[PDB]
K.L.:
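Here it is, the structure, as structure tokens.
Simply put, chain letters go A, B, ... down the sequence lines. Chain A uses the PDB entry numbers throughout; the residues present, in order, are 1-263. In chain B, numbers come from the PDB entry; the residues present are 1-263, in order. Counting starts at 1 for both ligands and their atoms, in listed order. Per the header: X-ray crystallography, 1.8 Å.
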There are 2 protein chains.
Amino acid sequence: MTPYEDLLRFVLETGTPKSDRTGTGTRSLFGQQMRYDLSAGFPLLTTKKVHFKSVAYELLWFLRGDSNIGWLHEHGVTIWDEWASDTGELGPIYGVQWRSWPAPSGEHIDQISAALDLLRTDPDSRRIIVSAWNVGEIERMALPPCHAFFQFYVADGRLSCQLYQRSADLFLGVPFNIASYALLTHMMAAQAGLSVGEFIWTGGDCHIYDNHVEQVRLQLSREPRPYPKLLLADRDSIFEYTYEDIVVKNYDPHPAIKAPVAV
Amino acid sequence: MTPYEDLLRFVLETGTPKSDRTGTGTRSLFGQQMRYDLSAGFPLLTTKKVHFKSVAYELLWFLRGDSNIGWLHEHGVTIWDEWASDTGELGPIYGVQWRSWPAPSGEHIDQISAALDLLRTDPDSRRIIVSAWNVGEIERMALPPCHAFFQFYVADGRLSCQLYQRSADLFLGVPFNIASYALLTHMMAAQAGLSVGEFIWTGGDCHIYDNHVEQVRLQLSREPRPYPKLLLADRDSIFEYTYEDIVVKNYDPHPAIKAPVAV
Ligand SMILES: Nc1nc(=O)c2c(CCc3ccc(C(=O)N[C@@H](CCC(=O)O)C(=O)O)cc3)c[nH]c2[nH]1
Ligand SMILES: Nc1nc(=O)c2c(CCc3ccc(C(=O)N[C@@H](CCC(=O)O)C(=O)O)cc3)c[nH]c2[nH]1
Ligand SMILES: O=c1ccn([C@H]2C[C@H](O)[C@@H](COP(=O)(O)O)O2)c(=O)[nH]1
Ligand SMILES: O=c1ccn([C@H]2C[C@H](O)[C@@H](COP(=O)(O)O)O2)c(=O)[nH]1
């Protein structure tokens, strides 16, 4: 069961050559989807060693409502370096919108807490939504949100999550995005008293950068292994999880594959 | 080629019983997708007669940035009646967000014009996005946006559009939503000098209302016919299209099937 590798393969073989903002060049398809059953295992890719430490801290950083890379650096995470100001600022990106979307009245909306409240008290709501796409603040962001809009759903005590990702760096970004949202779904489920269901990833521009092609072919030559299991320590609040609360059990990946990020 | 009917059938057979805000009861699935090749024909369903007049005026109404039902009524369209105030107001819904999203600076952002500008000047942009999900204004809206977030993509001068729809009334709402966004994509393509490509519909809570079940079974018993063709008269601006500019050629549906709307 390898939704990611299958999509990666499909784009590599059928994607159209496309120019891009970074001036790197891509092969690209539009409107592709992946589904993972989280109850079957944690979707941390096994066909290459994914630096889950960076995934976990990045998500914790989002949950803090932070947009300065300082806290990431203190924890040894450098994935946001290339877009940050000299003072470490990224503008009001993901975390700021998730935790403190500025409402016209001057109040700040905590969408994460609001979503959790709905999961607990109105699980059948069709409005359990979090958006990072704050149209009036996009221009202030170092990069507009890639993982932009997501929704939760509950069936028979099982929590599902669907993400709309407008732009998908398939080799570097997407493995992080999948693991990040899977982890978030486990967190939200834990806090809402639910089990985990499906993660559905829906992409806009799904692309392989032209300087990632050798890395992709290498990865696609490897046989998938069983997924690890995620174990999350007890906390009374999603905002109280720490890195140490997050345990990935039996992660047995093939070797890491290095590739340069498009800036 | 019937993406809609196939999804309708899938939800009918496998959707799970779910309670809902309206108190009507539904059968529902999460994270379902449909794809239409707009170059093959205009996706106005032929398995029942769809009131395209209401579809077309509703879209024109959105493009006006209007949120009062008066203009709809003047043109014989009643589909928004049940949620409007006594003075016809719906709050800052689709049209208001599309044309005049209020920025923190006091300025209003015309996302439709902005998207068209990108299509014309930077077709490879991965940021051609329109959102109606204005978190700070949701509570003022009579209903939060169902068709919430959409994106355009251009490959070899061909325009595709993907919609994220968080909540999908499969029998009544979705046939309108499909035709609406197909029409919008034609309008954008015409204004940007592009041909039409794919419409990708991505749904969150995809449901059939419990009082639509008989109607659904009836529709699913019918053999689909060829789709009609859409002809748009020339205009120098998307905001100058009128109803009379929009011609559906050779629309040959099976009979209309009436159903009550859930409020
Ligand atoms: N073009 C582009 N793609 C993106 O996904 C991205 C984002 C998402 C955050 C991000 C940035 C770089 C890497 C990444 O470099 N991961 C490497 C190294 C991870 C580590 O060891 O530091 C990898 O091999 O996964 C993984 C995730 C910020 N700006 C971006 N710009
Ligand atoms: N539950 C719910 N579903 C929705 O899709 C919806 C929306 C979208 C606009 C909408 C409302 C009713 C009908 C509809 O009734 N169409 C009927 C009659 C069309 C006509 O002839 O006036 C049809 O048979 O398609 C078709 C489209 C507003 N609030 C809603 N609430
Ligand atoms: O969590 C993220 C953040 C960014 N991107 C990628 C998509 C593009 O390759 C690049 C952003 O560039 P634009 O789409 O904004 O041009 O980073 C991801 O894949 N995942
Ligand atoms: O263009 C639209 C507007 C609304 N809805 C449906 C989805 C739900 O059945 C209802 C909205 O109710 P909530 O999801 O907000 O509870 O209207 C659509 O299918 N298409």
K.L.:
Which drug from the list zopolrestat, monepantel, tadalafil, pemetrexed appears at ligand 1 in this structure?
P.N.:
pemetrexed
K.L.:
Name the main binding partner of pemetrexed (ligand 1) here according to UniProt.
P.N.:
Thymidylate synthase ThyA
K.L.:
Write down the other chains contacting pemetrexed (ligand 1), where contact means heavy atoms under 4.0 Å apart.
P.N.:
A
K.L.:
What is the residue list for the binding site of pemetrexed (ligand 1), using non-hydrogen contacts under 4.0 Å?
P.N.:
A:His51, A:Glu58, A:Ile79, A:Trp80, A:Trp83, A:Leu143, A:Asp169, A:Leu172, A:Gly173, A:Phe176, A:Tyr209, A:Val261, A:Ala262
K.L.:
Quick test: of every protein heavy atom, which one is nearest to atom 20 (C) of pemetrexed (ligand 1), and how far off is it to 0.1 Å?
P.N.:
A:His51 ND1, 4.1 Å
K.L.:
Against heavy atoms of A:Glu58, which atoms of pemetrexed (ligand 1) measure under 4.0 Å?
P.N.:
9 (C)
K.L.:
Considering only non-hydrogen protein atoms, determine which one is nearest to atom 12 (C) of pemetrexed (ligand 1) and report residue, atom name and distance to 0.1 Å.
P.N.:
A:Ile79 O, 3.7 Å
K.L.:
Which of the atoms in pemetrexed (ligand 1), numbered in the order shown and given with their element, are less than 4.0 Å from a heavy-atom of A:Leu143?
P.N.:
29 (N)
K.L.:
Could you check atom 27 (C) of pemetrexed (ligand 1) against the protein and tell me its nearest heavy-atom contact, residue, atom and distance included?
P.N.:
A:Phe176 CD2, 3.5 Å
K.L.:
So if I count the atoms of pemetrexed (ligand 1) from 1 in the order they appear, which ones are less than 4.0 Å from some heavy atom of A:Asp169?
P.N.:
1 (N), 2 (C), 3 (N), 4 (C)
K.L.:
Which residues carry both labels: UniProt dUMP-binding in chain A, and heavy atom within 4.0 Å of pemetrexed (ligand 1)?
P.N.:
A:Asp169, A:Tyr209
K.L.:
With a 4.0 Å cut-off, strictly under, does atom 30 (C) of pemetrexed (ligand 1) pick up any protein heavy atom?
P.N.:
yes
K.L.:
Report the nearest protein non-hydrogen atom to atom 8 (C) of pemetrexed (ligand 1): residue, atom name, distance rounded to 0.1 Å.
P.N.:
A:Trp80 CZ2, 4.1 Å
K.L.:
Which of the UniProt-flagged active-site residues in chain A is closest to pemetrexed (ligand 1), and what is the least heavy-atom distance at 1 Å precision?
P.N.:
A:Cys146, 6 Å
K.L.:
For pemetrexed (ligand 1), which atoms have a heavy atom of A:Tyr209 less than 4.0 angstrom away?
P.N.:
1 (N)
K.L.:
What do you reckon, does A:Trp83 have a nitrogen or oxygen under 3.5 Å from a nitrogen or oxygen of pemetrexed (ligand 1)?
P.N.:
no
K.L.:
Counting each atom of pemetrexed (ligand 1) from 1 as listed, which ones have a heavy atom of A:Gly173 under 4.0 Å away?
P.N.:
5 (O)
K.L.:
Which residue and atom name correspond to the protein heavy atom nearest atom 17 (C) of pemetrexed (ligand 1), and how close is it?
P.N.:
A:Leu172 CD2, 3.6 Å
K.L.:
Is there any N or O on A:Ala262 that sits under 3.5 Å from an N or O of pemetrexed (ligand 1)?
P.N.:
yes
